[PDB]
Each structure stands twice: as C-alpha cells, then as structure tokens.
Amino acid sequence: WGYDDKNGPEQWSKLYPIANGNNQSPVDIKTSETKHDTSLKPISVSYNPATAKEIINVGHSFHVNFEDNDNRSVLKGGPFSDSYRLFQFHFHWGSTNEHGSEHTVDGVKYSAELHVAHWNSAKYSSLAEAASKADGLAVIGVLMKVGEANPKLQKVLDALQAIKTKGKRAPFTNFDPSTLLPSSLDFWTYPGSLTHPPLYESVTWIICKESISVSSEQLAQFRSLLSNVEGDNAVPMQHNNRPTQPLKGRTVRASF
Ligand SMILES: C=CCN1CCC[C@H]1CNC(=O)c1cc(S(N)(=O)=O)cc(OC)c1OC
Ligand SMILES: [Zn+2]
C-alpha cells in the first residue's frame, strides 16, 4: 500500500475492506453539527523528554518513536478513564500548501497535520495487542496552518538529513512533543480509525481547535524526504494525507 494512484487511498479497500467501514478517519468536522459534552474533562499530557528514542524513514512518512515500556509519558482526561501511553508522533502533508491535512474543519483544508499517538496501557500489555481494540489507541491531531516558520519543529527538521532515504533510522533523544501542541487544548473527539493501513477502528481522536504554524519552506523539508532506498533514483515523499471519510452517524463532541 502507498499514496500512489495504483496503491493509494482509493485502492486500500481491496486488501483492507474496513476502508469502507462505519468508523473511518479522517473526517470533516462540521461545527454546526458538533455536540458540546459537559462531561469531557481537560486533556492532560505529561511527557518525559528522556522517552524520545529514534526517528525512522518508513517510505511513506517518517516516525519519531518513544520508549513505551512504562508510564513515564502519558495522556489522561478528555473522554478517557484510562491512562494512554505515548509511543510516537508523525506528520501528514500534501503535494501543495492548499491541502496536506487529514482532518478538515467546515470543509477547510490545512497544509499539514501533527499526530501524537498513544496506546491503552491500563487495559493492554503492548502496542501490538492494543492496536486492534476499539479502546486501544488515542491520537491528538493538530491542524498545521501555512504561515510563520515554527521554531518548535526545528529539532525534528534538523534530524531529517540523517534519514533521507527509506529504511534509514537514527537516534532522536531528549524531546518532549507537548512543546508542539497549541496553547489551547480545547478539542473535538470522535470514535475513528488509523488513517492508513491496516485502518483498524481502534482510535479515539482528539482534534485541537487551535492550529499551529508551519512555513512553506518547513513543508518543503518534509517533501524533500525520499521514499526510495539509498542508491536508487530519487522519489520525493510529496504527499501522505488520506481524504475525509463519511461520519456514518457518528457524533463529533466538542469540549468547548
Ligand atoms: C499497526 C501498525 C504498526 N505500525 C508500525 C509501528 C507503528 C505503526 C506505524 N504507524 C501507524 O500505523 C499509526 C498511525 C496512526 S494515525 N496516522 O494517526 O491514524 C495512529 C497510530 O497509533 C495510534 C499508528 O500506530 C498504530
Ligand atoms: Zn497519522
């Protein structure tokens, strides 16, 4: 699977029939249809910079992984009763500044999106066990609006020169990715899925109301990553955003 026409979003259902499921992500958040939910608690993130582990070029994207052997780095509150353990963050982006985000808000497409990924360590003993469970996963999504350069992205962007081609991996240490979140943690939540194969319906989504900035040149750094292995012809990683999927009756709740 990929983001090519031959192996892309429109094709994923042939190998992963859940692609046409009732809980697929991402979605268009229509603000006139969201329901304020008084019981939603504030989002609580408490991440230990010593849990940052490595940065890896996975062909379609790059991932920053965290040590997830214990509860040093956790998400709590919002819609959750259980503690969720941080394991990764990554980005999605588009061929153009005009699109790139996965979620949209009242039909508006942002330039990129940050995903901070967690698994339910209260209920399950590993990411692999949690990944297919309705309550297994949690993602904080942040819409990225093209404008001013975002100095908080710097350590990440500086690291990409060491993982230029597919399969390249490097240490990535001493980083707290709560530094990337917006100052307001007002949020939408809905029950959803992984936005790429295997597309499991295992994700409680937390979408921040407030965007963060990114420059057109910072986005160019992401698109300059290469999907090919070292020594082959260069194939820039131009896009990795899935189109929005039908709500199929789900309710998007607002903390605000
Ligand atoms: C089940 C596949 C395991 N993969 C390899 C190791 C991490 C993972 C790669 N990334 C994802 O598949 C992945 C992607 C998202 S996303 N883009 O936010 O829907 C979320 C996630 O866990 C909340 C993910 O991990 C389960
Ligand atoms: Zn993602």
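So for chain A, numbering is the PDB entry's, and the shown residues are 5-260, in order. In listed order, ligands and their atoms are each counted from 1.
The compound at ligand 1 is the drug or drug candidate veralipride. The chain sharing the greatest contact count with veralipride (ligand 1) is, according to UniProt, Carbonic anhydrase 1. Nearest to atom 11 (C) of veralipride (ligand 1) among the protein's heavy atoms is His200 NE2, 3.4 Å. Protein heavy atom at the shortest distance from atom 8 (C) of veralipride (ligand 1) is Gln92 OE1, 4.5 Å. In terms of protein heavy-atom proximity, atom 1 (C) of veralipride (ligand 1) is nearest to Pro202 CD, 4.1 Å. The region of chain A touching veralipride (ligand 1) is mostly the UniProt domain Alpha-carbonic anhydrase.
Near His96, meaning under 4.0 Å from one of its heavy atoms, veralipride (ligand 1) places the atoms 17 (N). Every atom of veralipride (ligand 1) with a heavy atom of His119 under 4.0 Å away is listed here by number and element: 16 (S), 17 (N), 18 (O). Within a 4.0 Å radius of atom 4 (N) of veralipride (ligand 1), the protein has no heavy atom. The nearest of the UniProt-listed active-site residues in chain A relative to veralipride (ligand 1), at the least heavy-atom distance to 1 Å, is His64, 6 Å. Looking at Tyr204 against veralipride (ligand 1), nothing comes within 4.0 Å, counting heavy atoms.
Neither the backbone nor the side chain of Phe95 comes within 4.0 Å of veralipride (ligand 1), counting heavy atoms alone.
With a 4.0 Å cut-off on non-hydrogen atoms, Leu198 touches veralipride (ligand 1) through its backbone as well as its side chain. Using a non-hydrogen distance threshold of 4.0 Å, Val143 registers as a contact of veralipride (ligand 1). Per UniProt, the Zn(2+)-binding residues of chain A include some within 4.0 Å of veralipride (ligand 1) by heavy atom, namely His67, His94, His96, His119, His200.
With a heavy-atom cut-off of 4.0 Å, veralipride (ligand 1) reaches these UniProt substrate-binding residues of chain A: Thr199, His200. Source organism (PDB) for chain A: Homo sapiens. Using a 4.0 Å cutoff on heavy atoms, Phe93 does not count as a contact of veralipride (ligand 1). Closer than 4.0 Å to veralipride (ligand 1), one finds the following other ligands or ions: ligand 2 (zinc ion). The protein atom (non-hydrogen) at minimum distance from atom 9 (C) of veralipride (ligand 1) is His67 CE1, 3.5 Å. Each of the following atoms of veralipride (ligand 1) lies closer than 4.0 Å to a heavy atom of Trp209: 18 (O), 19 (O).
Both the backbone and the side chain of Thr199 come within 4.0 Å of veralipride (ligand 1), counting heavy atoms alone. Applying a cut-off of 4.0 Å to heavy atoms, one finds the binding site of veralipride (ligand 1) to be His67, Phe91, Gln92, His94, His96, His119, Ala121, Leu141, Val143, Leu198, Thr199, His200, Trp209.
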